[PDB]
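Comments concern the structure below.
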There are 2 protein chains.
Amino acid sequence: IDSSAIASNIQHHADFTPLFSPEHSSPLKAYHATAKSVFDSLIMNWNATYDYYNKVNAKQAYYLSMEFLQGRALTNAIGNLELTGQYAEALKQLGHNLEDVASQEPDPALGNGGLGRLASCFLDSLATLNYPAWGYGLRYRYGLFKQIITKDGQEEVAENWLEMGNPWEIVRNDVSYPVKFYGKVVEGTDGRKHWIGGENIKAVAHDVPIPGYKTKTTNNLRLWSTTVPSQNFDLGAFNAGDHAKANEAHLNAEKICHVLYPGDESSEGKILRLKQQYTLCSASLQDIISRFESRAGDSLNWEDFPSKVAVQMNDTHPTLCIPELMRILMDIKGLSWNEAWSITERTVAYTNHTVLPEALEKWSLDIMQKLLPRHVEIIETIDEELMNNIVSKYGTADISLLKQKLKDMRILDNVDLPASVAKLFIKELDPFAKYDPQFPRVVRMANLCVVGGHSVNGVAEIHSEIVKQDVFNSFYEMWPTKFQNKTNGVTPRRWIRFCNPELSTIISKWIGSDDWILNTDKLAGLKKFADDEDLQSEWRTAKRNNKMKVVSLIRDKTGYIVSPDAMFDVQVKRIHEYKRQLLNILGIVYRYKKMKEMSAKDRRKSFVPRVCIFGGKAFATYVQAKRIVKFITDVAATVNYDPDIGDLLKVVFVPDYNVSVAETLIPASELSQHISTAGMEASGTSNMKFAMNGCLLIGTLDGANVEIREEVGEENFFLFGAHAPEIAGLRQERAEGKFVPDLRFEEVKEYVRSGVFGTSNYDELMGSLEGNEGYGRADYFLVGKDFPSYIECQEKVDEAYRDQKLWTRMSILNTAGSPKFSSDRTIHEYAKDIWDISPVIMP
Amino acid sequence: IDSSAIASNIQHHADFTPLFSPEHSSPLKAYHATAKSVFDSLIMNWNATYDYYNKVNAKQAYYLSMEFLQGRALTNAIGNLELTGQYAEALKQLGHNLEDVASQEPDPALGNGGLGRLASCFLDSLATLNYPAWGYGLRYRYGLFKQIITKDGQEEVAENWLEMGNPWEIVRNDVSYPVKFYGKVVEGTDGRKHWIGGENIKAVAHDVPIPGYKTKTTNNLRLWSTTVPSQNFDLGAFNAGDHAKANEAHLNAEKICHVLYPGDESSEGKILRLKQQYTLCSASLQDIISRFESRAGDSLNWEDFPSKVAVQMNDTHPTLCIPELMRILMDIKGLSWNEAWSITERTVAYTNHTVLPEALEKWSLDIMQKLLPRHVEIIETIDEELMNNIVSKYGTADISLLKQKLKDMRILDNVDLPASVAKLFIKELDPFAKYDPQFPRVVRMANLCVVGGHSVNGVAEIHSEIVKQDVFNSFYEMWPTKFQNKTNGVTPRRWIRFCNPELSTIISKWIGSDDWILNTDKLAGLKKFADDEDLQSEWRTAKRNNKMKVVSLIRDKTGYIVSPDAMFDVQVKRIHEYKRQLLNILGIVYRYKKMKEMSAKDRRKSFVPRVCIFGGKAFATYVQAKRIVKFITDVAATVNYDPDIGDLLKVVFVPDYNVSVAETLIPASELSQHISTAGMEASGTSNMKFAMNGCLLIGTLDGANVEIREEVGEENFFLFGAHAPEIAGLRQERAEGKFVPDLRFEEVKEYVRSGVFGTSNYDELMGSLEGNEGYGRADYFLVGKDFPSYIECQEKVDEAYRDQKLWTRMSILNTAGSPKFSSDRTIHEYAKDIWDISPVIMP
Ligand SMILES: C[C@H]1O[C@H](O[C@H]2[C@H](O)[C@@H](O)[C@@H](O[C@H]3[C@H](O)[C@@H](O)[C@@H](O)O[C@@H]3CO)O[C@@H]2CO)[C@H](O)[C@@H](O)[C@@H]1N[C@H]1C=C(CO)[C@@H](O)[C@H](O)[C@H]1O
Ligand SMILES: C[C@H]1O[C@H](O[C@H]2[C@H](O)[C@@H](O)[C@@H](O[C@H]3[C@H](O)[C@@H](O)[C@@H](O)O[C@@H]3CO)O[C@@H]2CO)[C@H](O)[C@@H](O)[C@@H]1N[C@H]1C=C(CO)[C@@H](O)[C@H](O)[C@H]1O
Ligand SMILES: *Cc1c(COP(=O)(O)O)cnc(C)c1O
Ligand SMILES: *Cc1c(COP(=O)(O)O)cnc(C)c1O
Ligand SMILES: OC[C@H]1O[C@H](O)[C@H](O)[C@@H](O)[C@@H]1O
Ligand SMILES: OC[C@H]1O[C@H](O)[C@H](O)[C@@H](O)[C@@H]1O
């Protein structure tokens, strides 16, 4: 397969699967054609993988998530096929430039943050390692939002990634499943339950092939798009004039796939958010059930189901899988409860990504009882069993103990106990065993996940322990063997090899192969070359060359002009008080103030030149987070155009941060910040990406930083701030008026309140770092406390950067210490210790 | 190009431009693949035709219509490419059957009745004869409606023809034009008018290639699909919960293409109906303007516009082209009024399809003034000129004369006259020259078409004369050279060659070539063979063989079982009191009654066995038309299951009549009915289709029947009923109580009122044939008057059918007399006498 033939197939797709006029000439047009030419390879390989999986009928794993941050497919598809050189030349022939063409591809708006990017990285590694595994998701039209930066801060625009269609998917019109909303349950002649009536939609399959690296294995991401058949369009309504009414039925179905994480401060938003989940679970399980059946054929035994199927619920969003699977087995296939439940408990597993026990999904029983009444019946039964198992394992004898065990583990909170358990609380019945209308009737989804899965895991050593000790303690006591750890990882193909080709050449030279891309353990061979002068020279050149593409990005996106000969200091993550963008910007503001009260000779002596880059999206409704992006932009306007500063310091907020932005930013980064309040982050995947590219980390002892620090070495990581255990106490200390801040912290607050950063003044923002008690005040995320520790830790970063021998030594040790954080070994662990699947290699 | 290669390309499209799972196996799946394989040929040819038209820059013709009844594309594409034999074999290889595959294609819901089917036939003939010509239309999603027959009569279901996408179109993403609604006009610095504000949508192009027969020429049907850019989606509205509000902007744009002829008894339906038209006109003219400019390049002279462009407004729906063209020339290109108007008058032309002067499109000025204010300004100016030209040509001297000329020709009725004309009516001003609020302010679109076009034509000799004498008399007096005739035609490739292959073989044998398909004049060589016994034998066999496919259709669609050894008597057209389905069914009911009051020996002696087939759609809101389909179905239920009748008589209502149904029905038809009240039909295209297939016509002296009768011979056409001139008098005779019906007509009415046809009784329906005066009563369409003439004319049809020598003799003379009714010569006439275009043959 040479470049001359690819050039023909690109031309062919431009003209014979066309989207534009023939005489029209666009980089974009070249993209859709090039996309389709690569896609031909994925189809061949996808069909081969599909067909051979059916033959072998091995256990298949299924990863359900509400997010898939897929990113641009072109550069990684071509890379994994190893046609990256020849496609480039094929495009020269046609008067195009691969890099330039690739940058016309829009980012699929199928995800948002870590949850989704993990999932996507997991799909790459599953394919690359020949594991039989699909992802199931939903096909979002507008996604979360396209972020634009005005002079008012952030604004939100709905995404346009499907406007011309997605070349990377295949519609499967034969694959349509019915999904039902509302309705009621009745008991038919045959003793069996039947869910009738309500509202009915159809989920249709849109497949996105996932090609593996140096393998024919091409796995799949099956994406549901909701609709209703044209016949549900009401002509009477339309011809009468009421055009919205005529379209109402279609809107109801279609809106399930409109927006990611739709705002739920309205009963109609909660119902939609809930329909999104049930749709994903139901459609996906119906499809999985169908595959099991067609493969098993005549010799069909449902006891084989969990040895042929593994479902993985990513976070609590897919919880409904549990009762839904029970629904189909009993109501549709005619299994008994115990036979169905045994299969369910062994099929399903749960991964938790939160460290806080009050960030776990809860739903009003009333809302759920209305929308999915059959599922509540089933949940009710599950909760009754759960409680009879707690009864067996503890009490009658000690009741107040039993009382505590039952609160912790119940799925339905503030509900009348079943007559069985209720007995044990008579005096008549204790207040505890009755519904109290003063509070809502709530369904706790995390608890239902733990009850329903055979395995529960966290995403970092520290976090998986918090999960056992704080979050699900009484459950761990009951079922200790459930609980596991699976530290996250990221694919080295997207996050080193293809986003950082310059570094990748350097790596393969000195290690003596490019095999590290696949077997990333062989990066450790770099430890010994850390001090070698020549390596250091190539390594600094590369970093510098990668920074020049960011100069183009900043120039292009913001308008600001920045020099690549500064430290590229990057904080890039969702805007939140707890992630503490505010801590970083206030630290920059401190250095700015010092520069201004210092002679132009001394400014150079005291501070290394920096380009401090922020990025990320603020939840639209989050007032304070949006004020924070506003504030940062204002600092940039003031700092960047100040004659006294020049190129000594620039502050930039890159808009619309996404996979494509990260791909340019990350390889160019020298310092990255991961400074969340200690014990608030569960893992963090960007941490791992940065280190792989030789970027140094400044951060707290929190999440993935803790293990990253172990692997790369404590000497090569800038640590600061309060540790997780110290936190609760520092806050209680604050509440009783005992916290007195550093004078330098009050200095900055007053210097911000001075009005130096525009007409905004921000007395309100600084007000969130003051007082001793109250929502949104009282410095809950310890910005003032960690401040002195932090700015002093930044002085150590300056002083290390002064010795580019030391800096680059540490840079190389970070790449050399990254092997542990490859999603490849994360997948192995999942495959071996949870799903119990094996790889399937086609001959 | 042999069948072995086509079989590969079909397989290729199934697997490499897929719509289904790979293991899935469907006739439907085979269709989408086969469609795409043929399409490869159309693309090649379309691009060649497109490119060569640009080189030659000849005058191009443009046919605007709100309807295109395209029909299934597969059988006609393959036919026109002459790959019809090899595609059939290519499909045998893959385990499929072309006929069976073809029948999986859905009918595009892009039209409805004659207006649209004419347009489509016109596009075939334009391509076949190498004329440079496009069609411009709109891309309807749900169309008019899918008709289903229940036991309640007709019901309407929205169509599903786009549910899996149209394989026969190409989206042209670079071709998008902005269209504006509401807004206001202001005069900018540069003396020029500027239309600002309002609502803005975009029309995107979806091209449908039109391949010609035995030519590479592939012309185009450009179809506009309305939308707005994703950014107009309101996330704030969506996240707040108001999901319809968030989607409102998209609904407004998208609904313009939802339904054909949306119900307009509501101000919101009228506004939509009006937006549909403006969108079609604006988008299309902007595109035409763009093509003229790019071709002309540097040497650009707008005086050349009408020698390089011809627009044809089909009916009054595209009238807005006139002021829209004026808008762009003056406001956008900077032409003066006279320079713009001269170009407009010579570019545009109008075809009229109505015989009634009160069936001509009128719009409220207020509604138009709100939606398109700039166009009303322009119309106002046009009407003022028009009136100053009437002033020149008539009056001041005779004023009451002038008064009459001004009523007849005004575009804006019930509006204050311009100060110029108003002068002439002082006493102060005459009531006539003032707005009278007692009546609406109306814009008469037909008059604006006549003022704005260089040519005005009817669609039949008789009708084109009515147009000159009754409808536009004062205009004919003023501009006699405007007025023309262009008798309709239908393509012989779709309506003989491809729908009736059995007859087509017979034709080519005896004429000694298949060249008649193209040069249809050579059907006249059949006159001499009309009596030859052998021809007659093959000819009757064919007709009989074609009737057996209708037996399958009836069995399949209705459930009824019918014998092909009866007379296939077909009335197939839109359900309307004026088309008089009621006259036909009451005539059948008369024969049924006679059969029942007659011995089983005599039933055979008196009547020939028949299968009487009805078809067509009733306007949903038309109460009486819907009662008529109901009544017919009830007669069928009673007649078809009556032991006394057996196979002597069957009545069938075939549901969902469309192009595909006509293609099976027409070639099987022996008698077809065209019995509209005399002088109510302008032409009729199905008339011409039937005769071409050797079907005999029973009809009134009305529309296309008059010329069909001339061509095939009066001896070979069953004529009955009152002539057009007699009508007005018969109605006035009715109003003054002088009409006394035939006793046999009162007999049937009472026999229907008897309750013999179910629990419905229909006293209401028969009530519409009674009284002397009043809306919906008084037998306005002369059913009772023409009845005796009609049933006696059916006795003559029976007696002719008895002698199958005579019947088949006349059948052959009908085919032999059809040459005049080929759309080919219709097109030549349009090309030569109106558009002034020439054919363009690529070397
Ligand atoms: C989810 C939420 O977490 C954080 O909220 C915490 C408050 O900051 C604390 O003050 C504390 O609340 C305590 C009361 O102040 C105290 O008087 C007593 O009644 O106990 C309360 C215990 O809750 O604890 C809160 C939660 O643990 C954080 O401040 C806040 O930003 C977080 N919510 C944001 C997230 C979203 C969604 O992305 C937005 O919708 C919210 O508006 C944001 O505020
Ligand atoms: C368009 C309409 O045409 C026909 O209507 C005619 C009436 O049948 C006549 O009675 C006559 O109306 C006259 C009054 O009865 C008389 O008292 C005097 O005031 O003069 C009147 C003059 O109009 O003339 C009418 C029009 O020339 C026909 O009966 C009717 O079916 C036709 N409309 C149908 C079409 C559609 C759209 O497809 C439906 O919306 C209507 O409901 C149908 O009725
Ligand atoms: C990797 C990645 C993230 C996750 O970063 P965290 O440190 O987990 O916040 C978010 N967004 C994008 C675009 C990414 O590539
Ligand atoms: C030709 C045709 C018509 C037009 O028939 P009229 O005699 O003009 O009513 C209507 N519908 C279909 C499907 C046709 O093919
Ligand atoms: O922000 C911390 C992130 O850590 C990891 O990426 C988790 O997988 C994700 O759920 C979480 O959001
Ligand atoms: O029904 C009579 C028909 O005659 C012809 O087909 C005309 O083109 C069409 O406008 C009209 O509807």
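Heads up: chain A is whatever sequence line comes first, chain B the next one, etc. Heads up, chain A uses the PDB entry numbers, so what you see runs 69-495, 553-968. Residue numbering in chain B adheres to the PDB entry, whereby the residues present occupy positions 69-495, 553-968 in order. Note that ligands are numbered from 1 as they come in the structure, with each ligand's atoms numbered from 1 the same way. Computation of the quantities below employed the complete heavy-atom set of this structure, encompassing side-chain atoms and omitting hydrogens, waters and symmetry-equivalent molecules.
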Select the option from itacitinib, plazomicin, acarbose, montelukast that matches the molecule at ligand 1. acarbose
What macromolecule, as named in the PDB entry, provides the greatest number of contacts to acarbose (ligand 1) in this entry? Alpha-1,4 glucan phosphorylase
Would you mind telling me which other chains place a heavy atom less than 4.0 Å from acarbose (ligand 1)? A
What is the residue-level binding site of acarbose (ligand 1) with heavy atoms closer than 4.0 Å? A:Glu702, A:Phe744, A:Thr746, A:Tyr747, A:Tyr900, A:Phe906
Write down the covalent anchor of acarbose (ligand 1): residue and atom, or none. none
